[PDB]
Student: 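Sending over a structure with lobeglitazone; questions below.
First the proteins, then the strands, lettered A, B, ... as listed; each starts at 1. Quick check of the header: X-ray crystallography, 2.2 Å. As the structure lists them, so they are numbered: ligands from 1, and atoms in each ligand from 1. No hydrogens, no waters, no symmetry mates; every other heavy atom, side chains included, goes into these values.
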Amino acid sequence: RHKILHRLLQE
Amino acid sequence: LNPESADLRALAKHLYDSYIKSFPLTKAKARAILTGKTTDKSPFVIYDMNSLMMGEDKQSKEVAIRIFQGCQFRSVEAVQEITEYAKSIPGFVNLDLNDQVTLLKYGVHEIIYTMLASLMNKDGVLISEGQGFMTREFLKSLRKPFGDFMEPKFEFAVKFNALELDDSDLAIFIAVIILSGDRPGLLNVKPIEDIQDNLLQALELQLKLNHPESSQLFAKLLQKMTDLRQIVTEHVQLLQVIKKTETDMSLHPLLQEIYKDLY
Ligand SMILES: COc1ccc(Oc2cc(N(C)CCOc3ccc(C[C@@H]4SC(=O)NC4=O)cc3)ncn2)cc1
């Protein structure tokens with residue numbers, strides 16, 4: 001869950 | 001200015017500089033456009049279906065869906081800007097990553113509606129980085145259930161704009177919203193609250209320095225945080241209605257993610 005948000009945060 | 005105050009000023013300035021980096025269209029830029037105290041071309045006005053189509057020279061779904069989906073696309077971009085801004089808030093990236101996600105999930109729409117007010121007056125709202133201006137009456141006129149989706153935002157915006165905050169005030173306010181210790185599902189509230197306490201101290205000092213005239217601006221501003229949540233929960237309910245009545249529509253994946261198990 002929140003795959004995009006993780007990605008944007010971890011980016 | 002003493003040493004703790006000075007730490008508070010440095011935090012304020014740090015946040016303001018990140019805010020300008022992250023958010024392409026500032027309230028100051030927006031205000032110039034709306035008053036016409038600007039050297040740029042005035043924006044193209046969209047007041048009906050025809051002006052919308054002529055403006056689309058500056059898919060082919062029905063107009064109400066085009067507009068709603070244009071709003072989604074702007075949020076998708078705003079979520080990206082807000083996430084980058086969030087990463088600049090001291091201590092945010094040191095939090096448990098699940099908590100960073102939860103704060104963003106609950107914070108982004110509150111920030112979106114806060115910042116949308118910067119682009120609004122009582123007659124309409126700037127769009128496309130101020131290249132356009134879409135009239136409030138035109139938005140009211142859309143067919144149900146799209147007819148009244150913007151009105152709670154405009155109404156919030158006229159009250160909120162009466163506070164006359166500038167970008168340096170807003171940069172701090174936005175950070176305070178993101179660091180809310182009461183979001184559902186947070187794992188470790190204490191480190192979030194510790195950051196928020198500094199931010200709040202910084203906001204309060206900021207409001208006293210930049211608005212020495214306006215007594216208790218700080219207190220008035222904090223009450224708006226509760227109004228913002230209501231905008232969001234009402235909006236979630238409208239979306240529930242929309243999803244049921246228009247299976248034409250698809251929600252952007254980022255937005256599905258954010259909205260899933262939100263309220
Ligand atoms: C090609 O021609 C055009 C096509 C379309 C068009 O409509 C608009 C309207 C618009 N605003 C009215 C200004 C932005 O308001 C917003 C309202 C609501 C949200 C929240 C979104 S909505 C949702 O459910 N969840 C969301 O997170 C975000 C932004 N901004 C940009 N395009 C104009 C021109």
Student: What does UniProt call the chain with the greatest number of heavy-atom pairs under 4.5 Å to lobeglitazone?
Tutor: Peroxisome proliferator-activated receptor gamma
Student: Which other chains have one or more heavy atoms under 4.0 Å from any atom of lobeglitazone?
Tutor: B
Student: What residue and heavy atom of the protein are closest to atom 2 (O) of lobeglitazone, and at what distance?
Tutor: B/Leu52 CD1, 3.8 Å
Student: Touching lobeglitazone at all, B/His235? Heavy atoms, strictly under 4.0 Å?
Tutor: yes
Student: Of all the non-hydrogen atoms in the protein, which one sits nearest to atom 5 (C) of lobeglitazone, and at what distance?
Tutor: B/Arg66 O, 3.5 Å
Student: Can you pull out the closest protein heavy atom to atom 26 (C) of lobeglitazone? Residue, atom name and distance to 0.1 Å, please.
Tutor: B/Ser75 OG, 3.3 Å
Student: Taking the minimum heavy-atom distance to atom 13 (C) of lobeglitazone, which of B/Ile127, B/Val236, B/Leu139 ranks first?
Tutor: B/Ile127
Student: Would you mind checking which non-hydrogen protein atom is closest to atom 29 (C) of lobeglitazone, with the distance to 0.1 Å?
Tutor: B/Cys71 O, 3.7 Å
Student: Which residues overlap between the UniProt rosiglitazone-binding set of chain B and the residues with a heavy atom under 4.0 Å from lobeglitazone?
Tutor: B/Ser75, B/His109, B/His235, B/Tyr259
Student: Most contacts to lobeglitazone come from which UniProt domain of chain B?
Tutor: NR LBD
Student: Within less than 4.0 angstrom of lobeglitazone, does B/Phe73 place any heavy atom?
Tutor: no
Student: Which species does the entry list for chain B?
Tutor: Homo sapiens
Student: Does some non-hydrogen atom of B/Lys153 fall short of 4.0 Å from lobeglitazone?
Tutor: no
Student: I'd love to know the binding site of lobeglitazone - heavy atoms within 4.0 Å, chain and number please.
Tutor: B/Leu52, B/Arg66, B/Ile67, B/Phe68, B/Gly70, B/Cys71, B/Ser75, B/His109, B/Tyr113, B/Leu116, B/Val125, B/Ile127, B/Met134, B/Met150, B/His235, B/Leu239, B/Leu255, B/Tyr259
